Peer 1: 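Model contains pritelivir. Questions to follow.
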Amino acid sequence: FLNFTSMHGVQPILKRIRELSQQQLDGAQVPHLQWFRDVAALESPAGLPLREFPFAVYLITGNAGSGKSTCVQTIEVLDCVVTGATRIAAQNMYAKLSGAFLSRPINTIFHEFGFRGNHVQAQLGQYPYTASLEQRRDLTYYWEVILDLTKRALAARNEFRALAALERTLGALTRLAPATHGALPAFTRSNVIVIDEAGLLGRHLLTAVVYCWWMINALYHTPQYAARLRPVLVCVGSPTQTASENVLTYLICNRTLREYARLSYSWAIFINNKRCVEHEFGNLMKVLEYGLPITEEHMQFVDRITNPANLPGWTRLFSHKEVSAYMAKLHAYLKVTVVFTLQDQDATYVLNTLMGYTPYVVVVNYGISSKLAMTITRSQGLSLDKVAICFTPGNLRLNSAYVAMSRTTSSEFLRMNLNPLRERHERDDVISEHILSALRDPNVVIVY
Amino acid sequence: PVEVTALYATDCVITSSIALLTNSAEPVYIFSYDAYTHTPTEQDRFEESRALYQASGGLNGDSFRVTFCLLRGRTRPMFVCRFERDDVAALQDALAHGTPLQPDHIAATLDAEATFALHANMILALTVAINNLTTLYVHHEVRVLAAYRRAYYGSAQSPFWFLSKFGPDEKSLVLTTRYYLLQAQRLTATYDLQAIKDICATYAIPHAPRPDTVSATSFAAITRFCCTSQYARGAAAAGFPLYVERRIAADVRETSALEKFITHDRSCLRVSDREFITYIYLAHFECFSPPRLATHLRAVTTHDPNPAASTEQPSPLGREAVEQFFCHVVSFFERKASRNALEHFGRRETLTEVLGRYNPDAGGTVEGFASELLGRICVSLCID
Ligand SMILES: Cc1nc(N(C)C(=O)Cc2ccc(-c3ccccn3)cc2)sc1S(N)(=O)=O
């Protein structure tokens with residue numbers, strides 16, 4: 001069907017990735033398991049040596065609705081571990097890629113990477129630090145997690161070395177170890193790790209993923225480890241619409257990471273938006289992003305709610321408390337009015353599917369999803385059709401405006417209170433400058 | 001000797017396959033099947049592929065080597081049978097009329113050396129795990145079953161899966177399934193499934209009404225729904241892979257030729273940022289518009305499978321650089337964008353057009369809504 005004559009632009013992509021992961025490292029640079037010991041013994045990050053954990057990156061960026069997921073669909077001629085940054089993203093790619101062909105249950109990066117329960121409740125960044133790829137600052141940052149993960153991994157092998165020894169009697173049986181054992185993590189089977197929507201991750205989490213991948217590959221002596229094979233993270237995401245510092249931003253901005261990764265030769269940009277169908281909205285969104293100058297002409301189209309009276313089935317995007325106030329008053333007045341009234345929200349549930357009750361309300365328990373009022377920050381990733389924005393001035397940033405106005409297919413369903421392009425608004429043009437220079441690079445690949 | 005790759009199925013298939021190797025089993029269905037002779041001009045390639053199939057004969061060969069397989073690599077063999085006897089008749093029935101192959105014929109044709117050659121490493125692995133012929137299924141059964149679940153991934157699907165993923169139409173099912181799962185690896189075309197579906201849609205060959213118009217339940221009838229299809233035998237089945245290559249050649253020629261112009265002009269236009277983004281989107285529109293994509297897809301469409309006919313004609317996609325690539329060097333990138341959006345998005349009328357409709361500056365409606373705050377105190381500027 002005609003909408004997929006950008007698939008031809010996806011093949012060069014795969015070539016690079018196939019080129020990028022076939023590359024073997026030299027033996028003196030491959031990390032050795034002894035490194036991951038005495039990390040388990042070191043009490044405070046102060047004793048970490050300068051050691052370069054290798055990796056490669058092939059980055060994917062573009063607005064939502066650009067078709068950035070079509071690349072992840074096409075990466076099923078390559079052996080890969082597709083993973084997501086949020087459970088929502090993981091399920092979204094499960095549905096997206098399991099609708100096209102076979103697909104193993106896609107987990108978040110935290111199910112890979114070993115992240116577990118006793119890791120959310122961990123304060124981070126307490127240890128200080130004062131460039132070279134020689135990563136240490138990231139592990140110092142994210143050290144409670146890294147330390148606990150390494151201690152757990154060492155505390156609990158020979159699943160792979162045994163087959164290697166048996167073949168040393170007579171490298172094949174090593175590859176069949178995943179088929180035989182049902183617990184070995186997915187980092188053990190491939191070096192291509194695709195991360196959907198990488199902007200929802202911390203800039204330290206790149207180094208942590210590279211670290212734990214090498215750690216599992218060493219603690220298990222998996223064949224790719226024996227092949228001097230290096231991690232290849234394919235970070236698909238939206239830099240401008242997603243937000244510390246982003247992994248995608250970390251890669252696009254940091255000059256030593258931008259030159260070790262050699263991005264200009266290893267980056268694809270998705271320029272299209274199959275979602276929006278109206279021209280002026282498209283031009284506005286094209287400006288918001290790409291950081292073009294704001295004109296009175298781009299005004300006069302943005303020219304073209306707190307009361308719950310009249311916009312039923314419209315989501316009011318507010319910062320954190322205003323949502324609570326709105327929903328509270330919603331429930332409070334619907335008492336005197338289809339619906340009725342009975343922790344991420346404020347208390348008391350509306351019957352709009354959330355209509356039936358007993359207490360498996362419709363489901364095991366009663367933490368639920370409303371999709372009625374939900375903040376701008378949480379609005380990211382979730383694509384809607386029933387938007388109505390409530391910007392507050394004095395802390396207005398065009399990142400927030402560009403997000404909030406881009407959750408919906410058509411501007412016919414767009415409402416808000418103020419003009420974010422008219423009031424005082426903070427310009428964060430550094431990402432836009434980088435992306436726009438990137439487009440202007442002959443080695444970068446661009447897909448319409 | 002006519003080699004054949006058969007993607008069979010069983011009403012799990014892993015349990016039946018292990019049992020069949022074990023000589024301990026259910027009838028199987030050759031869903032899609034390849035056919036190739038070992039050891040050329042595309043004319044000769046089409047002729048040989050055609051002559052191997054036949055309108056009448058299921059397969060023009062006296063001796064057959066059948067690798068039965070299941071679902072990088074998208075299919076993986078399970079066991080290799082041979083057919084020299086008059087049991088070849090059963091193979092002809094299965095490949096031609098879709099009749100299931102009974103287990104007894106399989107066992108009588110199971111070439112033990114080749115089948116167990118490609119299993120030995122897996123038995124070794126199972127033993128090693130247990131230590132920490134194939135008949136480990138008698139004791140430590142569940143472990144062997146689970147390991148072979150993990151080994152042949154997604155080889156235990158539903159009929160609905162093959163019917164849904166691999167096409168709604170007969171043509172899509174037969175040809176796309178066969179190509180993608182078998183001939184892509186055998187024969188280039190490391191393309192996604194949807195890509196080959198789109199290429200199949202362009203394979204505009206003579207369709208034929210079904211002698212018994214049916215469609216769709218479970219694993220009994222999709223085999224007869226495919227092996228009897230006109231598309232599985234003859235010029236169509238013999239010319240589909242060659243046309244996949246030809247279509248990709250034409251496309252990639254056009255797309256790469258236009259990427260050259262875009263990429264160069266993208267890295268040489270010393271230009272303002274506004275005009276840069278205007279230019280990038282204008283170039284992509286002028287090259288790959290829905291109208292021009294439709295024109296090129298028609299230009300690459302074939303109507304007769306034989307590459308000697310080749311109803312496809314040379315494409316105009318790239319030669320339409322004349323309209324936009326005047327970049328020899330109000331600016332031109334804006335005015336082309338205008339004379340262009342006017343076409344593809346519509347006429348945006350004008351302000352005077354509605355000022356005529358109001359002939360509110362004097363019409364009382366200036367105080368018709370602006371003076372009607374209506375309790376809210378367009379409106380509230382300094383609400384799209
Ligand atoms: C007439 C025309 N139509 C054109 N299309 C189809 C488009 O822009 C399609 C599009 C629309 C929005 C975006 C986007 C960009 C950044 C953030 C969000 N979304 C990308 C792509 S481009 C031209 S023109 N006037 O240059 O010939």
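In what follows, chains carry the letters A, B, and so on, assigned in the order in which the sequence lines appear, proteins first and then strands, with residues in each chain numbered from 1. Start at 1 and go down the list; that is how both ligands and their atoms are numbered. Just so you know, these numbers use all the heavy atoms, side chains as well, and skip hydrogens, waters and symmetry mates.
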Peer 1: Give the place of pritelivir in the structure, all copies included.
Peer 2: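 All copies: ligand 1.
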Peer 1: Identify the macromolecule bound to pritelivir in this structure with the most contacts, using its name in UniProt.
Peer 2: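 The largest contact partner is DNA replication helicase.
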Peer 1: Which chain letters belong to other chains having any non-hydrogen atom below 4.0 Å from pritelivir?
Peer 2: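 The other chains in heavy-atom contact are A, B.
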Peer 1: In the PDB file, what molecule name belongs to chain B?
Peer 2: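 In the PDB, it's called DNA primase.
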Peer 1: Could you tell me where the covalent bond from pritelivir goes, residue and atom please?
Peer 2: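 The deposited model shows no covalent tie.
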Peer 1: Which organism does the PDB entry associate with chain A as its source?
Peer 2: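 The PDB gives the source of chain A as Herpesviridae.
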Peer 1: Which residues carry both labels: UniProt ATP-binding in chain A, and heavy atom within 4.0 Å of pritelivir?
Peer 2: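 I count these UniProt residues with a non-hydrogen atom in range: A:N63.
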Peer 1: For pritelivir, which residues in other chains have any heavy atom nearer than 4.0 Å?
Peer 2: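 At that heavy-atom cut-off, the residues are A:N63, A:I271, A:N272, A:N273, A:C276, A:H279, A:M285, A:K286, A:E289, A:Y402, A:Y448, B:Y281, B:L282, B:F285, B:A337, B:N340, B:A341, B:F345.
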